[PDB]
**Q** 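Structure: Uncharacterized protein in complex with cefmetazole.
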Amino acid sequence: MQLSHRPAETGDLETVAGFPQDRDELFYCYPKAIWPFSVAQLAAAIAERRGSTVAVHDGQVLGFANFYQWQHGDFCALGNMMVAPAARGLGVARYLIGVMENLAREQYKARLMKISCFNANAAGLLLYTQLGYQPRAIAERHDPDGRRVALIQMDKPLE
Ligand SMILES: CO[C@@]1(NC(=O)CSCC#N)C(=O)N2C(C(=O)O)=C(CSc3nnnn3C)CS[C@@H]21
């Protein structure tokens, strides 16, 4: 996979908003969103957040991420990670995580990245583990059905 990155642009929003395939996938990456996802919801997040970035391969936008918390000299928290359904498990998330780590270090002088992952997303938990993130706490949250879920709060020093 040859991959590149650039800041997200308005022209990318229809594409990226197409990435979540079901209510679960949307909840794992943007729990405040309501199904069905839309460009308006995506743009609302982008406006409130920082560092919205896309990953590109062979002319296709395949991934997106941003920060929902950022604290200069301290840490950032990574969210809205979305990957195109045809490109799952091909290293797009791993690549974007690395890009966002660099951006947190370089731009925000962060010493730490925080990643919070919902308990049902095994693939996320195992990826973040492979990338050196360790679990620190578990917090209660609720899903759209009012069911209790566990948010596993992980972090990694940036160096
Ligand atoms: C403020 O904190 C968040 N919200 C909550 O705790 C509330 S929940 C119940 C509701 N509604 C936030 O906003 N978060 C996000 C996100 O990006 O929207 C995520 C998604 S985490 C994620 N997505 N892709 N990669 N990653 C790491 C994990 S909960 C965390």
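Note that the numbering runs from 1 along the sequence shown for the chain. Start at 1 and go down the list; that is how both ligands and their atoms are numbered.
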**Q** Quick one: what's in the binding site of cefmetazole at 4.0 Å, using heavy-atom distances?
**A** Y28, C29, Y30, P31, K32, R49, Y68, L78, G79, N80, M81, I115, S116, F118, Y128, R141, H142, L151
**Q** Taking only heavy atoms of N80 into account, list the atoms of cefmetazole that are under 4.0 Å away from them.
**A** 17 (O), 18 (O), 23 (N), 24 (N)
**Q** So if I count the atoms of cefmetazole from 1 in the order they appear, which ones are less than 4.0 Å from some heavy atom of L78?
**A** 22 (C), 26 (N), 27 (C)
**Q** For cefmetazole, find out whether one of its N or O atoms is nearer than 3.5 Å to an N or O atom of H142.
**A** no
**Q** Do me a favour and list the nearest non-hydrogen protein atom to atom 3 (C) of cefmetazole with residue, atom name and distance?
**A** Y68 CE1, 3.9 Å
**Q** Would you mind listing which atoms of cefmetazole come within a distance below 4.0 Å of any non-hydrogen atom of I115?
**A** 27 (C)
**Q** Using a strict cut-off of 4.0 Å, indicate which atoms of cefmetazole neighbour a heavy atom of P31.
**A** 8 (S), 10 (C), 11 (N), 15 (C), 16 (C), 18 (O), 19 (C), 29 (S)
**Q** Nearest protein heavy-atom contact for atom 20 (C) of cefmetazole: which residue, which atom, what distance?
**A** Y28 O, 3.3 Å
**Q** For atom 16 (C) of cefmetazole, what is the nearest protein heavy atom, given as residue, atom name and distance?
**A** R49 NH2, 3.4 Å
**Q** So which heavy atom in the protein is nearest atom 5 (C) of cefmetazole, and how far is it from that ligand atom?
**A** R141 NE, 3.7 Å
**Q** Pairs of nitrogen or oxygen atoms closer than 3.5 Å, one from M81 and one from cefmetazole: do any exist?
**A** yes
**Q** Counting from 1, what cefmetazole atoms have a heavy atom of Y30 closer than 4.0 Å?
**A** 18 (O)
**Q** Which residue holds the protein heavy atom closest to atom 21 (S) of cefmetazole, what is that atom called, and what is the gap in Å?
**A** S116 O, 3.0 Å
